[PDB]
Number of protein chains: 2
Amino acid sequence: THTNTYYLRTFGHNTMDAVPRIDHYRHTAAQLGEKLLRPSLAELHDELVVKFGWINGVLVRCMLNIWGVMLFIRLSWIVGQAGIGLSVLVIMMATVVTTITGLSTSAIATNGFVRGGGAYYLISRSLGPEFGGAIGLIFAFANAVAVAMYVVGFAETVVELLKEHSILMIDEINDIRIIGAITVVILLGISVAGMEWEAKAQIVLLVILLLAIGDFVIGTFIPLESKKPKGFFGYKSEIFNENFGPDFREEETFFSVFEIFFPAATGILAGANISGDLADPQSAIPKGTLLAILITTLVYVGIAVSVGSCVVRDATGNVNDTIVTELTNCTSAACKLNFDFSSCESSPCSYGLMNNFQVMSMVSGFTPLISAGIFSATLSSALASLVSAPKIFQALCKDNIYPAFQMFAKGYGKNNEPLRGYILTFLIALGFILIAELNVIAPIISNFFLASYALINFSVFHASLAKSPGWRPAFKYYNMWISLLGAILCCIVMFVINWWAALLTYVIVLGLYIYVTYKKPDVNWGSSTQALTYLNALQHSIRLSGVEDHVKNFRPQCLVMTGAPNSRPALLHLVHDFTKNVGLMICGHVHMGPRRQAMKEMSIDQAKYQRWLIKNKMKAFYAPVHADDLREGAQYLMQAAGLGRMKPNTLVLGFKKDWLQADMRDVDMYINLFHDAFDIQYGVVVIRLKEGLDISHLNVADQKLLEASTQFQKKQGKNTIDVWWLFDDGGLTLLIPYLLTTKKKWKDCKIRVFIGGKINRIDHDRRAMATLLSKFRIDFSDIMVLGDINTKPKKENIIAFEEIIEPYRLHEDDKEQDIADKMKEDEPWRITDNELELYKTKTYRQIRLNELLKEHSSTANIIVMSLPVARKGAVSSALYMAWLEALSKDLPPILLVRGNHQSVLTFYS
Amino acid sequence: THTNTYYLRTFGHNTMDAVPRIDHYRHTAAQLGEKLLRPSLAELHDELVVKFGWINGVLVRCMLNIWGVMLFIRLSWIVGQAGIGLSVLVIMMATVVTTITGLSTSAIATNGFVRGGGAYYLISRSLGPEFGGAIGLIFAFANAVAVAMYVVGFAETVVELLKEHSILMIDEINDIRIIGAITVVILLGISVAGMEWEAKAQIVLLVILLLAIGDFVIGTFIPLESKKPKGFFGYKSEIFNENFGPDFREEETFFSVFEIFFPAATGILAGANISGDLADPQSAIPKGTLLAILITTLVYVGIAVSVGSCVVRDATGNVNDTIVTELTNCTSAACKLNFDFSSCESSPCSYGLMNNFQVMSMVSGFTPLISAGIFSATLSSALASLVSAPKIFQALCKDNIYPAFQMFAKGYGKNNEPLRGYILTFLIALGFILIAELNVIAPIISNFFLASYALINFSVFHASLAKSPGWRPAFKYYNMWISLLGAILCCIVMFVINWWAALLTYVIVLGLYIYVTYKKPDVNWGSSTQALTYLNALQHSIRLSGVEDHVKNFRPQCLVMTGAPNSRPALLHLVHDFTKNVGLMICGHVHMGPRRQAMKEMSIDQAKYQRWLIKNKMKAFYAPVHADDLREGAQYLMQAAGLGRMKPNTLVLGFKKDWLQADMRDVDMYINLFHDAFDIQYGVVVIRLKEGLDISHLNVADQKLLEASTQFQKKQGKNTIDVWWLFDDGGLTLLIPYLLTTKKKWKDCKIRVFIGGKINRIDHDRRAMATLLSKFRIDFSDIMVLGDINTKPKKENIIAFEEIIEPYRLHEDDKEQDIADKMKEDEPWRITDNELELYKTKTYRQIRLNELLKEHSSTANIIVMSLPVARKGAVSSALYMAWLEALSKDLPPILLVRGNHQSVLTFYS
Ligand SMILES: Nc1ncnc2c1ncn2[C@@H]1O[C@H](COP(=O)(O)OP(=O)(O)OP(=O)(O)O)[C@@H](O)[C@H]1O
Ligand SMILES: Nc1ncnc2c1ncn2[C@@H]1O[C@H](COP(=O)(O)OP(=O)(O)OP(=O)(O)O)[C@@H](O)[C@H]1O
Ligand SMILES: NS(=O)(=O)c1cc(C(=O)O)c(NCc2ccco2)cc1Cl
Ligand SMILES: NS(=O)(=O)c1cc(C(=O)O)c(NCc2ccco2)cc1Cl
Ligand SMILES: [Cl-]
Ligand SMILES: [Cl-]
Ligand SMILES: [K+]
Ligand SMILES: [K+]
Ligand SMILES: [Mg+2]
Ligand SMILES: [Mg+2]
Ligand code: NA
Ligand code: NA
């Protein structure tokens, strides 16, 4: 029926359904998605500029940042004060911390597409805005200060080089400050020039540093007799054996050495912070960072061991001190080789592995080459930090976490460059350089770095804890327990060095976290915090599902038929008063009208009203439902609403005030709602107000209605709480008012109970009731026993009730049997004469109860009375409505309660 | 119509409804007559021996138990080693701990009738069986050991009194052993004699103790020169000032003094342990315990101050006197009055406050009275402990918490008295007396008492934390924070003295708690633990209700329509595999039949199936519903099931295997269930098995069906998962198999992806799909692109489909245009020729897809394929069912998935 070419066309061209394509999931505004538009379910169902590679962008950056001052200056001192083994152990511990941090970072960076800000973006998108902003501020400031520290190191090295000659301008501190200012200006200029220039400069510095390392390694293998007077002796096993072990020749300990060394391993995130300029993160960051860490650790360990195997701790440089005669009785490591480096214990000798900070330069075949290597290392580290800080700050400011800093987010040029961030970082670094004494500052910045690492590790662990299906990290060489251990180790290490610095950093982090949480920025990124919230709720619900029910653990789980949650405020607040912190509260709303529009109406209403309830401080659940009429929607809610053991057991309704001026079908639906509630074993609570409950539409009447709506919101003075417990429903009638009095807004109100008694047994019945409610431990102010019930109500009230009921009567007696049956068939709510004759006693009881309530409980703050139960099929809906209206007419706020008839009170324990 | 009578009769005689009466809430066997019967809601709605008072039962017992050895023996030593102020401080600290414990006990004992036992009953009924059993065992053993210690103290005092004369039988330790054995036998006899006899003995002992205290107080006010050589001097401000302030003569310390004194504060629970024999608790325990504590503390403090204000720390027995008309050169308090009790700073003088342990006897005006008082105090404390232990043990054994001890709950006599418990306590006490050296044992028992007190305080705090409406304590003189502070103080105090004893007691408590929780005795007391479980679930749900939705936080919340949870095991386990630990799972069951019987059936099913699910380790929720047909119940569940944000979003049901051999109305209801799910914005998952899903009714066919049911309960093995993602439904089709692979039972299985492409573009489409799913980070083992779709399926398959569809065609073309319309109206599921002509392409697509699946995925462990969506009103129900049947048949387990069409996957972070 068609050509063979047609049968081989593109799959999906003959159907509205779309094949899965990348454009369906991309949100980027690329050509507005001309063809990347997957059809919605309704449509198918409804009736008819510069990017860097991983090598240059991550590996080189991380290596340059990690290698700093200690590479050529303080490594020898560390290997001296602590033996080869102890120094290697310190290096390995720092490397372990950094490696755990790198694994966590690689895991976090392989989940989605990272945009900008290495540590900040990852931490924020994986944990939440609070932690994200706190760590962003901390890390940015730490990098800004590290820029100054590196510049100061370079300046001090150059000043020492000048002091090696006659060149000098001012005192040492002032010369250091001048050199630091000049160097920081040069670095700022280079950084502002552009990112490609920075990359080229970094490559040059890296090659210079590698040349310096190679020069040192070559020099250590070419001993010269001239260096023999100094500590250098070549590779001798005697020196290696002697240099082992912790000869702490000063007021310093192992922990102090570790603290001194640690800043040497705090450049691992240089590549990550360039995520905004990486060609392809999720493939460059992990491998580059891990390789850089491995290379730097290997170089550190090798250099430490080599320096410790070819230099003596103490060596008194003196040409006329070698030879050591011919035969010696000296057991010293130097003595075994030559007399050089002898008699140093008493007289403090010039240098050696313990007192000289230029041993690496001396060992190297070429000294100026090592000097250039030191310069390049320090400058490279400073440049990396100075580039990293503005990127993190701009990423943090783009999110508007701190509105005051929104200025430092604008970009310049083809590639968005935070020039303002660069200027701010330059200012901070220049200030800290002008201080020129960063010895005290260093522990604080080290602790800042450790806090950032620990929060990265904790973010990985937290994400692995909340088993969100979106976690799905691409990197598969991590572990939740390893990451948790890494976070704990980071905290412990930060506390080990400068405990008070650790306390200060923790205080700062906590303060920033609290500020951000209070601010609550308007943004959600799908952090693991929300996933953990859902998982915790689910686990707690599952746990509660296995708990057996007990009478003393009973709580009122009320399904309030409120319509729009804001439509009826009085009912909502009243139900909230005895439900908050005790029992569940579901606000049920039934939507009518066309299903097509009702679906969108309910979809909007869900979010709108849940947000309204949350913002209004009411701990309720919105439960929208779409149904033809109110009765069937209530049926839906009473059958399915809730989850597990947290389902409703009480139905709360507002009184149908306008039942007289309304279609009898609506009244029938109301009474049938009552009947269904009773049928499914539900407690029923009806709240009646003189003015009504609905204020959505909203003269004198409107003002009174609004006042009634707002009445149950302030402190309820102390007037009374009248409970007319006439029938034993199981105790709910008494449990409601007690829970009311248990709240602050109702504490001043006293509960006085009304019961029906015998005329000649008033005292006995009163005592029995008092004892019964004392066993229940329900405080009461007074007990009134009424013997006037069952009396005939006044003639006027009966006449009024009859006049009210006349319109809805059937008058079967005065009509033909067939006509009466036909009338009752299509109007089932009609009141039959037989039922009126049968229940004249109940009608008189309702009227007399209204009389008694008016006479006695006419000044109560709120009234709780037993709700009459009409046998289904025996009493008409109109008769039930008339009973309810007569019972509670012309009264202050009243509640009609009819419990499950299962006991909800107990005097046993 | 009625006389004056019948108008003033008892309220409630003319109605089935009952007035509230205590008989309605009493559950005791007696008083269950017709009068004390509350009518059920259905019945109203359906269509037509010795008891002690608080004084002698609690106050006297508590006072006698609290007062023990230290009252007349070591109080002087305590006031000596420490100062008056420090001794008062230790007394006040112990009293504070005991007073907080007493407040907590009175709070816990005023929350209903306490049946029997002592602290065990209160702790169990307020906290749970685990804590109850642990504390019961600990407390009973502690009381038995305390009996042993009191007997040992009495024996030691009597042995010392004998040594004061020329009376002795064997070595001191052996004589102590004989005296202790005799005393314990006498105490056991007295206790077994009854309880009234014990009360009379206790009253006699209390009178003797009061006489002894009065004798001491009288003696301290009548100084005699004979006792002047001893430390006694009468009241003198010089001695008071001298004795004020610590003087730790020996290797003692404040903490050691506190540890020595603390056992003096125990015994506050003697009255509460006789709760089963009190006239009424909730009125005797609180007041009696508090008054006893107050009186004992006042007496302790007064005696301490009096002894420290009228006796010198060091004194000499040399009657020769001192300061015989000499000059006053010494500032010692003794010199102020006379030289007596001086000059023993180097040599150890005879006795005094520091050295003598009978100063109270000497100070008193009649030593034999003080000796009798010591005897009475020790004997009364021992008797109280020996009575308390068996009561607690019997209460613990009556609950069957430890089945091995069920034999000790038996009672004897008119009043249930545990004789076996008495014998066991006597045996334990006799053994510990035979040890005769309880110095090392005292700290352990002290820590046991402290643990009991701390857990009482923690029970009060926990009850106040779980805001159960049944808490309602009658004693309104406590505080949750005060009780928590008391528990913490008890723990800290127990750890302060004998830290290793505290660790041992904590280990024992933890072990007993773990054993009880593992055993999980079948008991339900309505503890604070269950209330806290409910409250925690509610709070977590409320918190989750305020969390905004995100694509990466999406979870599959599946409303699996399974009927009876055990009826279809394969479907339940399959849904559990990709829902456990990730997303919600509600098992929906629809009940049909008469409403009256259906309600009871659903009520039974709720408990039965929730228990079955919990016992079978399935984290699902049972959701019963009563409706006329399956569609109505599914509508109920899809509209109302769930709570807050934890509500279903995916519909899972089994394939209607027997649709061909079934009424077309049922098939129409099935297809309309599909349509309703799509309309309500639900994802739909259909699971089809060759043999079916139902195994409730269950030859070869039955065996195969059972094997299919059990197939998915084991480890899958090195099979493959075939995903035919043909249409972009949002990613659910791919999300489900990934979640399957996330679990251990599906680790081996690898995901194979099938997509539709164009011939001559296979490589490009395969690369694009691989890239797209690599950005999603879902691992795959291979990607197959099929270009042979849209081709005409074999003639035989089309003929078979036509033959299958024949009995449901409308055949409108060969009709009169009126009979056809009538048939369509009567049976809307009829397949019209117009729709068949329109969707021949879709039919051929289904047939060819089945061909491709059989040819390619015939060996997959499980198949996931996109579920075709039929436009509502355009495709008949019969045609939709035929499409589904043709698409899947003669295939391994297959899942048809049609997501919400909202994206559930993302490559952004
Ligand atoms: N969607 C709904 N529409 C109307 N009433 C609802 C709805 N959902 C629950 N209800 C409950 O059913 C009752 C019906 O009252 P109705 O509006 O028929 O009489 P009314 O005198 O207008 O009441 P109100 O003063 O509350 O408007 C309300 O009090 C309300 O609590
Ligand atoms: N109360 C229920 N009664 C019947 N089916 C239900 C019910 N609740 C949910 N369902 C789902 O609807 C499907 C209807 O199956 P049906 O009663 O037609 O028997 P079937 O086609 O032989 O399949 P099965 O082997 O599951 O019985 C079931 O697979 C089941 O998953
Ligand atoms: N102690 S040091 O001179 O060898 C040293 C060495 C280095 C270094 O990077 O090797 C270093 N980096 C900057 C830094 C400080 C805190 C965190 O990072 C700082 C210092 Cl003080
Ligand atoms: N230290 S004491 O001799 O004055 C003493 C005194 C008492 C006493 O009850 O006064 C006491 N009661 C029994 C007990 C031990 C642990 C807990 O309770 C035990 C002792 Cl050892
Ligand atoms: Cl870093
Ligand atoms: Cl006690
Ligand atoms: K570094
Ligand atoms: K005691
Ligand atoms: Mg209205
Ligand atoms: Mg079936
Ligand atoms: Na560097
Ligand atoms: Na005693």
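Chain identifiers are assigned alphabetically (A, B, ...) following the order of the sequence lines, protein sequences preceding nucleic acid strands; residue numbering begins at 1 within each chain. Numbering of ligands and ligand atoms starts at 1, following listing order. Both backbone and side-chain heavy atoms feed into the values below; hydrogens, waters and symmetry mates do not.
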Quiz item: According to the PDB, which drug is present at ligand 3?
Solution: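 It's furosemide.
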Exercise. Identify the main binding partner of furosemide (ligand 3) here and report its name as listed in UniProt.
Key: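 The main partner is Solute carrier family 12 member 2.
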Quiz prompt | furosemide (ligand 3): other chains within a non-hydrogen distance below 4.0 Å | solution =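 By heavy atoms, the other chains are A.
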Practice problem: Look at atom 2 (S) of furosemide (ligand 3) and find which of A/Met149, A/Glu156, A/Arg74 reaches it with the closest heavy atom. | Solution: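 Among A/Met149, A/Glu156, A/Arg74, the closest heavy atom to atom 2 (S) of furosemide (ligand 3) comes from A/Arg74.
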Quiz item: What are the numbers, counted from the N terminus per UniProt, of the transmembrane segments of chain A with a heavy atom under 4.0 Å from furosemide (ligand 3)?
Solution: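 Non-hydrogen atoms under 4.0 Å from furosemide (ligand 3) turn up, by UniProt numbering, in 1, 3, 6, 10.
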Exercise. Output the list of atoms in furosemide (ligand 3) that are nearer than 4.0 Å to some heavy atom of A/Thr266, sorted by atom number.
Key: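 So the atoms of furosemide (ligand 3) that pass are 17 (C), 18 (O).
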Practice problem: Identify, by atom number and element, the atoms of furosemide (ligand 3) in contact range of A/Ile260, meaning under 4.0 Å from any of its heavy atoms. | Solution: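 Contacts of furosemide (ligand 3) toward A/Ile260, numbered from 1: 1 (N).
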Quiz item: Hey, is furosemide (ligand 3) close enough to A/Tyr300 that some N/O pair sits below 3.5 Å?
Solution: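 It does not: no N or O of A/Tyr300 is found under 3.5 Å from an N or O of furosemide (ligand 3).
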Quiz item: Of the backbone atoms (N, CA, C, O) and the side-chain heavy atoms from C-beta on, which set of A/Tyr150 has a member under 4.0 Å from an atom of furosemide (ligand 3): side chain, backbone, both, or neither?
Solution: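 For A/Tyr150, the contact with furosemide (ligand 3) is made by the side chain alone.
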Exercise. Indicate yes or no: does an N/O atom of A/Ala442 lie under 3.5 Å from an N/O atom of furosemide (ligand 3)?
Key: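 In fact, backbone or side chain, A/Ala442 has no N or O that close.
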